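Have a look at the structure below, then the notes.
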Amino acid sequence: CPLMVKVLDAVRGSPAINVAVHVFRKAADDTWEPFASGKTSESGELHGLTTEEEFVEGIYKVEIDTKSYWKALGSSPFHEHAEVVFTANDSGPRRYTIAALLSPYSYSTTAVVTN
Amino acid sequence: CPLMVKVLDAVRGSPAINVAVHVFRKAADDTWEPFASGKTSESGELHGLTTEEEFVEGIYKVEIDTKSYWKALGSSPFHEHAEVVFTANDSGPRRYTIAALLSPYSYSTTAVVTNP
Amino acid sequence: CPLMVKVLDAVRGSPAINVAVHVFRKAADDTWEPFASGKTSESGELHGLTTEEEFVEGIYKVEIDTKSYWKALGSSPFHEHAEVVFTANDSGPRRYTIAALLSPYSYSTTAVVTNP
Amino acid sequence: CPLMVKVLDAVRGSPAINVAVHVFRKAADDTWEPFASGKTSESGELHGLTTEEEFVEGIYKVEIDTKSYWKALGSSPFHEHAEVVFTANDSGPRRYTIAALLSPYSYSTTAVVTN
Ligand SMILES: O=C(O)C1(c2ccc(-c3ccc(Cl)c(Cl)c3)c(F)c2)CC1
Ligand SMILES: O=C(O)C1(c2ccc(-c3ccc(Cl)c(Cl)c3)c(F)c2)CC1
């Protein structure tokens with residue numbers, strides 16, 4: 001599993017459950033091409049987005065649908081979504097985790113790149 | 001000044017100086033139109049992006065050019081940039097500050113919104 | 001002003017106002033001695049904690065009273081407080097800003113250090 | 001496992017490995033009483049600190065030895081350590097994860113409290 005996403009909620013102190021996540025890859029013409037998608041689990045995690053075969057080097061965008069998340073909780077949020085854009089490079093380690101911590105007016109994100 | 005950006009550097013314990021910032025506004029046709037740009041000062045602050053008159057209601061994208069910042073420091077970072085996308089001024093004019101904290105493999109951003 | 005604190009609120013998208021801050025200094029006997037205290041203003045900023053003369057070399061603890069802040073807003077938070085502990089002025093006088101971002105179950109803090 | 005700690009490194013984009021962590025419980029006289037300790041694993045995680053039996057309600061402090069961590073990497077850090085102080089309450093969910101993201105002049109921490 002080369003690409004995982006984990007999302008936490010800083011207001012409730014819990015995983016962010018049932019958040020839609022869409023991943024895109026940058027195409028040669030500079031447009032965003034759909035690549036993978038899913039909803040986070042009870043543990044705030046999304047696995048099995050892709051295989052090693054399909055996950056080639058390039059620029060990827062992970063879009064997290066935070067607006068729908070907050071509204072479903074009755075909270076008015078600031079952002080239209082949260083977007084994480086990065087380069088996958090074969091020289092570095094091969095397993096990528098994109099982790100995000102959400103609040104209504106703020107978010108933080110880090111990368112954990114292993115083995 | 002209705003739209004400001006302030007950026008700090010978590011590795012140096014200092015303001016993030018000379019960070020390029022580009023702002024876009026979603027157009028009636030649904031693509032990103034260039035709206036304003038600038039770079040942070042020695043205090044890590046960017047003022048004078050726009051005016052009250054020109055900063056009308058819309059969906060704005062503030063793109064903080066984190067990769068160019070780290071690369072100019074000779075460091076290889078993870079992200080291409082940090083984007084903050086939000087609806088602005090839909091309840092009348094407000095003043096917005098986007099505050100950010102940068103590390104090579106992480107960033108945090110928050111918004112400070114003032115005014116009736 | 002050689003020691004300042006600035007605090008933002010991630011839930012309201014605003015400065016964190018009326019946050020109590022207590023600073024302690026480790027004493028020759030190795031316990032925490034009270035050093036200074038204050039509360040943040042409407043801009044989320046706390047100035048005037050100490051003076052250049054009194055802010056000598058040592059190990060300082062800046063305790064940001066996050067629980068009292070959230071409880072005064074009628075919210076039940078997780079942490080008792082946020083502590084930032086650091087050696088100061090060991091290479092001569094510097095100016096320090098401790099910047100923090102608060103949510104009910106999370107906080108972030110960073111330091112900005114200026115001067116030769 | 002009622003109490004877990006997970007530590008990440010924002011400079012390298014990796015787990016924070018082999019970081020000493022000491023947990024204390026507040027005693028009736030307001031002093032900090034040693035409770036549990038360990039070093040984070042290859043995945044930045046520390047498990048098996050305590051049992052449900054010993055983990056009673058009260059105030060706890062999780063001290064992370066970040067200074068030693070950064071110095072072992074050749075980096076001069078700002079903090080003497082990172083401390084996370086919180087109340088364990090039986091009314092809320094029963095599994096606590098304390099997560100921390102480290103940089104030399106900064107750290108962030110959140111709580112993930114589940115089932
Ligand atoms: O398996 C992981 O990576 C976990 C994790 C631990 C810490 C965080 C976290 C902690 C702090 C910040 Cl600022 C950010 Cl962006 C992320 C996170 F999002 C996830 C423990 C769940
Ligand atoms: O002018 C402000 O608002 C200041 C400020 C204070 C705190 C931060 C800060 C502190 C922590 C985080 Cl996680 C974030 Cl995203 C921002 C910040 F970026 C800037 C004091 C400089």
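Numbers restart at 1 for each chain; the letters A, B, ... are given by sequence-line order, proteins then strands. Counting starts at 1 for both ligands and their atoms, following the listed order. Looks like X-ray crystallography, 1.7 Å, at least that's what the header says.
In this structure the chain with most contacts to ligand 2 is the one UniProt names Transthyretin. By its PDB name, the drug at ligand 2 is CHF5074.
Other chains within a heavy-atom distance below 4.0 Å of CHF5074 (ligand 2) are, by letter, B, C. Of the listed options B:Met4, C:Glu45, B:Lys6, B:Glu45, B:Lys6 places a heavy atom closest to atom 1 (O) of CHF5074 (ligand 2). Looking only at heavy atoms of the protein, atom 19 (C) of CHF5074 (ligand 2) is closest to B:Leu8 CD1, 3.8 Å.
Close approach of CHF5074 (ligand 2) to B:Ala100 (heavy-atom distance below 4.0 Å) involves ligand atoms 18 (F).
The atoms of CHF5074 (ligand 2) that sit less than 4.0 Å from any heavy atom of B:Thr109 are 15 (Cl). Interface atoms of CHF5074 (ligand 2) facing C:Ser108, defined by a heavy-atom separation under 4.0 Å, are 13 (Cl). As recorded in the PDB, the organism behind chain C is Homo sapiens. Counting protein heavy atoms only, atom 11 (C) of CHF5074 (ligand 2) is closest to C:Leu101 CB, 3.8 Å. Shortest contact from atom 16 (C) of CHF5074 (ligand 2) to any protein heavy atom: B:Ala99 CB, 4.3 Å.
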